[PDB]
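Structure of interest - contains Taxol.
Proteins get letters first, then strands, A, B, ... in listed order; numbering begins at 1 in each. Recorded method is electron microscopy, 3.6 Å. Numbering of ligands and ligand atoms starts at 1, following listing order.
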Amino acid sequence: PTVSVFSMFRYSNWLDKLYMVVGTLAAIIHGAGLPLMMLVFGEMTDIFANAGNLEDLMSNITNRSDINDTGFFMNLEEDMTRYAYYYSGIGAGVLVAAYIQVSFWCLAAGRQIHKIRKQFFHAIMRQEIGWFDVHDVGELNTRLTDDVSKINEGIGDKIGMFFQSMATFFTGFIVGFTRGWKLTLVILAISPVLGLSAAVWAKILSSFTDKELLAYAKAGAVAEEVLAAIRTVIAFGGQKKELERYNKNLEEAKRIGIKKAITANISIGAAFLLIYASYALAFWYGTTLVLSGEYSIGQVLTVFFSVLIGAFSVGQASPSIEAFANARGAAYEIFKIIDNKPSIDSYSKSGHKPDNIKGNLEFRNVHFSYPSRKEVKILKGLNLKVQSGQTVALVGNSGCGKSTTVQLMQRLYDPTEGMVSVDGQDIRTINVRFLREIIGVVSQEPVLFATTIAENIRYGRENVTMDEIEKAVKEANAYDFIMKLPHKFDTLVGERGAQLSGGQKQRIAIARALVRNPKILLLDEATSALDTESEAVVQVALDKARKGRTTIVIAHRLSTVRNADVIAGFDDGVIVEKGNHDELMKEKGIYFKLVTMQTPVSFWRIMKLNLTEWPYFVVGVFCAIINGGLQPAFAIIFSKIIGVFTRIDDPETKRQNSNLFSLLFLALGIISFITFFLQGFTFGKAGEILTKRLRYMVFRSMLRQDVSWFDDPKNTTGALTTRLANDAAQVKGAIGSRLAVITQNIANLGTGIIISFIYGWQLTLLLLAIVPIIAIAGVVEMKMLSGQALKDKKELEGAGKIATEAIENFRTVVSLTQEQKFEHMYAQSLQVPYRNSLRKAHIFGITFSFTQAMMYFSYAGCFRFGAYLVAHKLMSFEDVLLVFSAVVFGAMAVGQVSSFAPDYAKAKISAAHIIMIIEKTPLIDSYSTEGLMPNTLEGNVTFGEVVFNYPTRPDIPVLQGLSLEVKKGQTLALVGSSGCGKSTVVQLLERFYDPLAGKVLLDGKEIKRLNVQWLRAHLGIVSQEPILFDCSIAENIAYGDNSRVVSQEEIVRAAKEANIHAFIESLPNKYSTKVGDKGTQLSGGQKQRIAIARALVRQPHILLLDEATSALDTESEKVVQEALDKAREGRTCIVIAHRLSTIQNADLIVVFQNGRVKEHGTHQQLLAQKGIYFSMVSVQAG
Amino acid sequence: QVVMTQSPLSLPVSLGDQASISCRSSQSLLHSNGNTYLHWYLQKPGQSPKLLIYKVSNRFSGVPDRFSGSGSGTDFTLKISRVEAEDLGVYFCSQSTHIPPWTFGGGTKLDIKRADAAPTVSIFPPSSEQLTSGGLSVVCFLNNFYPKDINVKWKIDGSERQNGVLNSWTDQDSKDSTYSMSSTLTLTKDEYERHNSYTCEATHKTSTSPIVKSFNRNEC
Amino acid sequence: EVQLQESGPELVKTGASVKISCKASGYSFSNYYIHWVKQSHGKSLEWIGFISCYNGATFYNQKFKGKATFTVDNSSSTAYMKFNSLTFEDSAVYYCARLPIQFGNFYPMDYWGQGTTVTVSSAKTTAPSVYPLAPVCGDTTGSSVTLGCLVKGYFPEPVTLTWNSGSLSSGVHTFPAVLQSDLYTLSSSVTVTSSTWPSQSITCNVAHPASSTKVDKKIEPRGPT
Ligand SMILES: CC(=O)O[C@H]1C(=O)[C@@]2(C)[C@H]([C@H](OC(=O)c3ccccc3)[C@]3(O)C[C@H](OC(=O)[C@H](O)[C@@H](NC(=O)c4ccccc4)c4ccccc4)C(C)=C1C3(C)C)[C@]1(OC(C)=O)CO[C@@H]1C[C@@H]2O
Ligand SMILES: CC(C)CCC[C@@H](C)[C@H]1CC[C@H]2[C@@H]3CC=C4C[C@@H](O)CC[C@]4(C)[C@H]3CC[C@]12C
Ligand SMILES: CC(C)CCC[C@@H](C)[C@H]1CC[C@H]2[C@@H]3CC=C4C[C@@H](O)CC[C@]4(C)[C@H]3CC[C@]12C
Ligand SMILES: CC(C)CCC[C@@H](C)[C@H]1CC[C@H]2[C@@H]3CC=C4C[C@@H](O)CC[C@]4(C)[C@H]3CC[C@]12C
Ligand SMILES: CC(C)CCC[C@@H](C)[C@H]1CC[C@H]2[C@@H]3CC=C4C[C@@H](O)CC[C@]4(C)[C@H]3CC[C@]12C
Ligand SMILES: CC(C)CCC[C@@H](C)[C@H]1CC[C@H]2[C@@H]3CC=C4C[C@@H](O)CC[C@]4(C)[C@H]3CC[C@]12C
Ligand SMILES: CC(C)CCC[C@@H](C)[C@H]1CC[C@H]2[C@@H]3CC=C4C[C@@H](O)CC[C@]4(C)[C@H]3CC[C@]12C
Ligand SMILES: CC(C)CCC[C@@H](C)[C@H]1CC[C@H]2[C@@H]3CC=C4C[C@@H](O)CC[C@]4(C)[C@H]3CC[C@]12C
Ligand SMILES: CC(C)CCC[C@@H](C)[C@H]1CC[C@H]2[C@@H]3CC=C4C[C@@H](O)CC[C@]4(C)[C@H]3CC[C@]12C
Ligand SMILES: *[C@@H]1O[C@H](CO)[C@@H](O)[C@H](O)[C@H]1NC(C)=O
Ligand SMILES: *[C@@H]1O[C@H](CO)[C@@H](O)[C@H](O)[C@H]1NC(C)=O
C-alpha cells in the first residue's frame, strides 16, 4: 500500500534533481534566520539596558552641562546604526533564501505532476475492457482527481517547510547552547511538553473539517436514499417516517459534534496554559540568574527566545510527515496502473499486419466466459465459417449472446478454448490495431461524442474531406435533418445524443461507421427505434456496399433478414440450425415457428436564522472581549519585566517585582485557558444547534416540494445532497465565527493601539504605517501552512473532462481504435493550466518573501527610531519596548486569528441559497387537506384529450391527446414500444405531473379539485425498479402502510400471498435481516416479489402494475398472478408489461403509437382485425 | 561629599570579649527608599579588604555569627562579640548614599590590651665614623612600652628642637604585645660642637614625670 | 571563588608613566564595573573612578580627571589604569573592586584586589652608610645594655639587616625605613646582658641586594675618648 521513497521520485529530470537540491539548501538557509535574529535582539536590548543603568548615577549629581549626557546616549545612537545594518542583512538574506526555496520546490512539483498525469492517462488507455468491468468507472475518475491532488500536496511544498523547520530547530539549539547553557537545560527539560503541545496545536489546526463529514456519514445515507426515490416516497406519503429517521440520525451526529468541540477547545486551552507556564518558569529562573550576577538580560532573552522558537518549529514540522505518507499511499495505485502491461499490447508495432485482406471468418471450438461472472458459462462451443460477401444473420432470444459474439469478434477479449482465424492465420499472432480499424461495427446503443457533427462523422478516420462526408451521409439518408437545423456542420450535439432524436442518431451512427471504408461490417440492432422507409433506404444502402465486404447483421425485425445470404440460430450459446431460408423452412425448427407466427439577496439577515439562541452569543461575545485583550496584557507584563531590568533599584525591590510579574504570567495563562475554553464551547454549541435545526427545516422544505421541482437540471440529487451536506455547515461561519473573530480582533488591536498612543506617540505613528504588511505576513503564512487555494484543481478537471468522456465512452473507442487521437487531445488540453501553475509558483514565492523580509525590516526601522527617541529623551526603553511589542505582536496575532476563521462571502451566498430553498412554496401542497373530500367513490376513470409535455423537454411532445375509459374491475393492458408513454399514464394518475390540457374524471370527480393526499392514499403501485430502504424486510413491507398500526399477521399473510414467505422464513434473523442499499444483497426476483408484497399491504381500490415480470421465473409468475386474479375483483386493475401472458387474459387492451391510442376494445376484436397488435402478438408464439 | 568620621582610631580590645566601632556620617544616610546604606569592611595586613556587613543591619555570606551591625540616622555601630585571634586589622565604613564622591572612612586598628609599662629610654651619641664624615646623627631609642601614644622632645641646651627630627614606630610585638620607637636628630658636623647638653624627654601617660635621658659632648 | 589580582610593586621615576592591571578570574567579566580607589600612607581611602567593563565608558573624580586613564581587555579579562606625569603625591597603594551593573550604587563593592603599590622617587641607586653606635661611656645602671647600628642614606628598599648572621634574636628590634629628602634610613637595636658585652663579639651584617653590598661592623666601646 506504500511505495519506497526511492521509487516515489522516479519521474524527474536532471533539472528537477537540481531544483530539489537548491530548494533544500535555500530552505536550510532560510530556516537558520530566526535564531540569528534572536542574537541581534538580545545584544541590542543589552546595549539599551547597559546605557540606562549608567544614566541614573549621572542624574542626581547634576551640573554636567551637555557633553556628558551627549556622549552617553550618543554611543547608543551610534551603535544602533550597526545593529540596524545587521538586521537589514538578515532581512535581505531571508528574502532571497525564502524566494528560492518556495519557487524551486513548487516548480519541481509542477513538472513532476505534469509528467505523472500524462503517463497515467497513457497507461489507462492501454487497459482492457475486462479491467474496466472488474474495477469501476466513477471510482477511476475520483482516483485520478484525488491521487493527483495528493501527489501535488505531498511533494509540493511540505518537503521544503519540513527542512526549514529542521534547520530552525537545530540553529536554535546551537545558539541556545553557545550563549548560556544553564538556562537551555531548564527549557530543554520543559521542551518535550512544548513540542507535544505545538504538535497537537498544528494537528487540530490542520484538519478542522473531517469530523463534520464523519459525523454526517451516518445520516447522509437516508438523505441520498430518499432524494433518489423521491417520487415513490411521496407517492406513498411516507414523508413523516423518513423525516423521523433523519431526526434520529441527526441527534447522534450533533451530540458527537458537541463532544468534538469541547475536547478540541480543551486541548488548545491546555496548549496556551503550557506556553504561559513555560514563560513563567523561564523568566523566574532567568531573573534568578540575572540577579545572581551571572547572566545579562540580553543573554536571557536570546537563549529563551531562541530555544522556544526551535521547539515550536520542530513541533510545526508534524503535518508534512502526514502529507508525505498520504502521498506515498496515494501514489502506489497510480504506480500499479502504469506498471503492469497486458498481453495484448495495443501500441506495440511488433504486431503482424496483412496486405491482401480478404473477408473470411473461421471460428472453431470457441468457449469463452465473462471475467465479471466466470462461474456461469454462456458459450459452450461455436463453429462457423463465413465466406466473402456472405450476409449472415443470427436469430434467437435475448440471452444467447449475439452481442457476446460481436464483442468476441473485434478482439475485445480472447476465447478460453479453441482458436479463431480470419483468412487463414489466427488473430493471436497479428496486430490488434490494424485488425480493429478494418472492421466497421455498430453496437446496440451507440454513443455520440458531444462535438460538432462534422467532427462526429470525421471520427472514423483521419483524412476525410467534405465530399466523402456528403456521400456517406447521403448513403445514410441523414441529410434532411442536417438541412433543417441551423449550423449544418457546426451544430454542437449535446450530452449522450440528447439534442437530436433517436432515428437521426442511429442513422448518423451508421454513417460514422461507414466513413472508415471497412472490410467486414458488423451491425448489432441497427433499426431498433427506426420507422419503415428509413430502415428500408438504410438496408438498400447496406446492400449497396455489401458486395466487396463480409457482413454480419443482428436485428429483431425480419424485414431486413429475409434478403440475406445465410440465416442461423442460437440455442444455449451453440449455433444449432444452419442453411438458407428454404432449408430452415423444410427443417421445421424454431425459425419455422417464428415465420409461421409472423405470417446575493441576503444582506446580514443570516442573524435572523439564529435570533432564538441569544445567551450563547452573549457569553461568546463576552469571552471574545476578554480573550482579545490577552495579547496587550502580555505586552504590558513583558515590557514591565524588561523595564524592571533596565533601571537600577534595590536588590529586594528587583526580586519583588520579578516575582510579581512571573506570577502574573501564570495568572494570564489560567485566565486564557478558562476564557478560551468557554468561548470555544459556547460558539460550538450555537453553531451546532444552528446546523441541526437548519438541516431539519431544509429537509422538510425539500420534502414538501413537487416532483416537477425535483426534475430540474439544477436540482439534481448530488446538488441537493451537496446543499444539505456541504452548505448547511457553512451557515455557522456567517454569524457565529464572524462575531467571534471581529470582536477578538477589535479587543486585540484597538486596545493595543490606544495603550500605544498613550505611552509613546511618534513610534506608534510609524508602526501604524508599517502595520498592515505585518498583518498580511501573518495571514499569508497561515494560509500557506493549511490549504491556501483549491480553484486550480477545479480549472484542471473542468478542462480534463475529456478524460471522463473518454472513459465513459470507452466501448466505442476500443472498436474505433482511436486512442492516440484522444491522448493527443488530452496532452494539448493540459497546456494552459501548466502555464497558470508556473505563474502561480513564481507569484506566491515573491509575495511570501516580501512579507517575510518586511518583518525584519520593521524590526530595524522601529528600533532605530526608538534609539533616536531614547537618546533625545522623549521616552524610555520600557516605552519603546511596550509600543513595539504591543503593535507588532498584536498585528501578528490579528493575522494568525483572522486566517483561522472560515470565509464570510461564500458563507453569505450559501445562506442566501439555503434561505431560497426554505422560502419556496410548491404549486401543490402535500400537507394541506383542502379540496374535494367525498365520502364515497366507485372506481371509474375517464381520460379525455389529455396531452403532456415534459418540463425538461418543452420542444419534444411525448403525448398528442390520448383518451381512455376504465370501469370497475377492467384489466386494462397497455402495449406499445419502449418509450411511447407507458409509465406516463401512471405519472398522470399519481399526481406527479398535472397536464397542460385534457380532462380526467375519476368517477365524475375531477382530480384537480379533490384532496391531494387522498388519491395517494387510496391507490398503490409497484415501481419499474424495486427499491427498498436501509433496514430489514419487515420494515421493507411495513413501509407500504403509513399513519397506521401495522399488524404482523398482515405481514405474514402478504408474504404468503406473494410467495416470499419461504425466502423470509429461510433466512436467519428472518424478520430482522438487515438489507443493504436498494436490495443489493438479495436477488432481483426476490426483491420484485417483496415489492409485490409491499404494494399488497395497501389493499388499493386502484391497482397499477408496471413491468410485473421483468426479472422473474416462470413458476413464480403464476404464483404472483394468482393473488392478483383472486384480488382483481373489486378493484380496478391496470397492468403494463412486455410479456404477453398477462395480456392474453386481460379485459381490454390499448396499443400506443407515439402517444396516440391506435386500437382499443376486447382481445378477440383486435385478433379479428389484423393490425399492429397482430404483429405484436406474432413475436414468439406457435 | 559627606565625610564619615570613624570615632576611635585605635581600640584596645582584649582577646575574648566584645568590641564596638562607631561610624558617624555628616548627613542623613537615609535614601528616598526606606533603606540606609553603609557597609563595613575588614582589611587584614597586606591582603585584600573583605566585606563583612552591608546595609547596616544585614550580613554577608561566609562571615561567621560574631559580627553584628546596628544603629541608624547618622550613628552606626559594628559590634564584635567574643573576639578571636583572627580579627585584627583595620575596619572601615563605606559609603555615602549620595554618590559620586562615594566616600569612605578612616580605620580602626585592634590591640591585645596589655597592662601598662614604661619605656626603657636609651641615648646614643654620633659615633666616630660619622664625625669623620662630617655630620651628627644622635639617636634616642625607647623600648617595651604600652600604650602606643608617646611624645618625645629633643631639647638642645634647654631649647626645643622641632626640625631635623625623624620618628619611627615599630608595630606591636607578637610575643610581648608592646611597642618601641626611635627618634633620630640629624644636623651637621660643626653644629655639634656649639652645644653641650642634649636631652631626650619621653612623656608617657603612665608616668607623671617625663623620663629624661641626656648627655654632654665634652665629658666622657 | 571570585578573585581579582593585581601586578606587583612599581619603582618608577618622577614624571614617568606607569600602567597597573587588575586581572579578574572566577566570574562573568562583562557585567560588573571596576572601581579604582587609592589609599595613601595613613589616610582615608579615596575614590578615583570607575570603568564600565562592558563597553568602556569611564567616569573620573574631579581631582583625577586628566591624570589617569582606564582601559579594558575583554579577551584576557583585565582592566588597566595608566598614570601619566607622576609627582610625589601619587605614591600610594591602589585597589580595584567590583560592583554589579544591575543594582549599582545600592550594593557594596563586594570583592577587592590585593592592591599594588606605586613608589614615585627620583634619586639613584646608592650604597648605604652603616654607622655602629656604642653606649655612653662611664656608668652602667644595671645588667641590661643596649646596642644597635644605624643605616643612612641608602636607596632603594629593602635592606636585610641581620645581627650576628641570625644567631641572635633575643632583643632584635628593626624599626621601619623612613624617608628624608628622597633617601632612606633604617635603625636597629639589641638588648644583651652585662656578661656578653664587651666580652664577646657582636656585629651588624648589612646586606643590600641592589648593589650586592655586604658590610660587617664590629661594635666597640667608647673608652676615654
Ligand atoms: C501565546 C503566546 O503569547 O505566544 C505565542 C504567540 O502566539 C505570539 C507571542 C507570537 C510569538 O513570537 C514572538 O513572541 C517573538 C518574540 C521575539 C521575536 C520574534 C517573535 C511566537 O514566537 C510565535 C508562535 O506562533 C506561531 O506559530 C507563528 O506562526 C510563528 N512565529 C512567528 O511569529 C512568525 C510569524 C510570521 C512569519 C515568521 C514567524 C511560528 C511558527 C512555527 C514555530 C514557531 C513560531 C507562538 C504560538 C508563540 C510564540 C512562540 C512566542 C507571534 O506570532 C504569531 C503569528 O502568533 C509574534 O507576534 C505574535 C504574538 C503572539 O502572541
Ligand atoms: C523596499 C522594501 C523592501 C523596504 C526596504 C527596506 C530598506 C529600504 C530600509 C530598511 C532598513 C533601513 C536602514 C536601517 C538603518 C539605517 C541607519 C541610518 O543611519 C541610515 C538609514 C538606514 C541605513 C536605513 C536605510 C533604509 C533601510 C535599509
Ligand atoms: C551568507 C552571507 C552572505 C549572508 C550574510 C548574513 C549576515 C547578515 C548574518 C549571518 C551571520 C550573522 C552574524 C553571526 C554571528 C554574530 C555574532 C554576534 O556577536 C554579533 C552578530 C553576528 C555577527 C551576526 C550578524 C549578522 C550575520 C553576519
Ligand atoms: C534526561 C531527562 C530526564 C531530561 C534532561 C534533564 C537534565 C539533563 C537537566 C534538567 C534540569 C537540569 C539541571 C538544572 C539546574 C542545574 C543547576 C546547575 O548549577 C547545575 C546543573 C543543573 C543541576 C542541571 C543539570 C542537568 C538537568 C538535571
Ligand atoms: C476591556 C477590554 C476592551 C480590553 C481589556 C484589556 C485588559 C485585559 C488589559 C488592558 C490594561 C491591562 C492592565 C494595565 C496595567 C497593569 C498593571 C500591571 O502591574 C499588572 C497588569 C495590568 C493590570 C494590566 C492587566 C491587563 C489589562 C487590564
Ligand atoms: C482609536 C480606536 C477606535 C481604533 C480602533 C482600531 C480599528 C480601527 C481597527 C483595529 C482592528 C481592526 C479590525 C481587525 C480585523 C478585522 C477583520 C476583517 O475581516 C475585517 C476588518 C477588521 C474588523 C478590522 C477593522 C478595523 C479595526 C477594527
Ligand atoms: C498611515 C499613517 C498612520 C501613517 C502616516 C505617515 C507617517 C509615516 C508619517 C507622517 C507624519 C510623520 C510624523 C510627523 C512628525 C513627526 C514629529 C517628529 O518629532 C518625530 C517624527 C514624526 C512623528 C513623523 C513620523 C512619521 C510620520 C508619522
Ligand atoms: C489608516 C489608519 C487611520 C488606521 C489603520 C488601522 C489598521 C491597524 C487596520 C485598518 C485596515 C486593517 C487591515 C484590513 C484588512 C485585513 C485583511 C485581513 O485578511 C488581515 C487583517 C487586515 C490586513 C487588517 C489589519 C489591520 C488594519 C491594517
Ligand atoms: C520599510 C521600512 C521598515 C523601512 C525602515 C523605515 C525607515 C524609512 C525609517 C525608520 C527609522 C528612520 C530613521 C530614524 C532616525 C533617523 C535619525 C535622523 O537624524 C536621520 C534620519 C533617520 C536615520 C531615519 C531614517 C529613516 C528611517 C530609517
Ligand atoms: C555647577 O556646579 C559646579 C560646582 O558646583 C560649578 O563648577 C559649575 O560652575 C556650576 N555651573 C555649570 C553651568 O556647570
Ligand atoms: C563631561 O563633562 C565634563 C565637564 O564637567 C567635560 O569636561 C567632559 O568633556 C564631558 N565628557 C566626558 C566624556 O567626560
* Provide the full list of ligands or chains belonging to Taxol. => ligand 1
* To do: Please provide the name that UniProt uses for the chief contact partner of Taxol (ligand 1).
  => ATP-dependent translocase ABCB1
* Which other chains have one or more heavy atoms under 4.0 Å from any atom of Taxol (ligand 1)? -> A
* To do: Write down the transmembrane segment numbers of chain A (UniProt, from the N terminus) that have a non-hydrogen atom closer than 4.0 Å to Taxol (ligand 1).
  => 4, 5, 6, 7, 11, 12
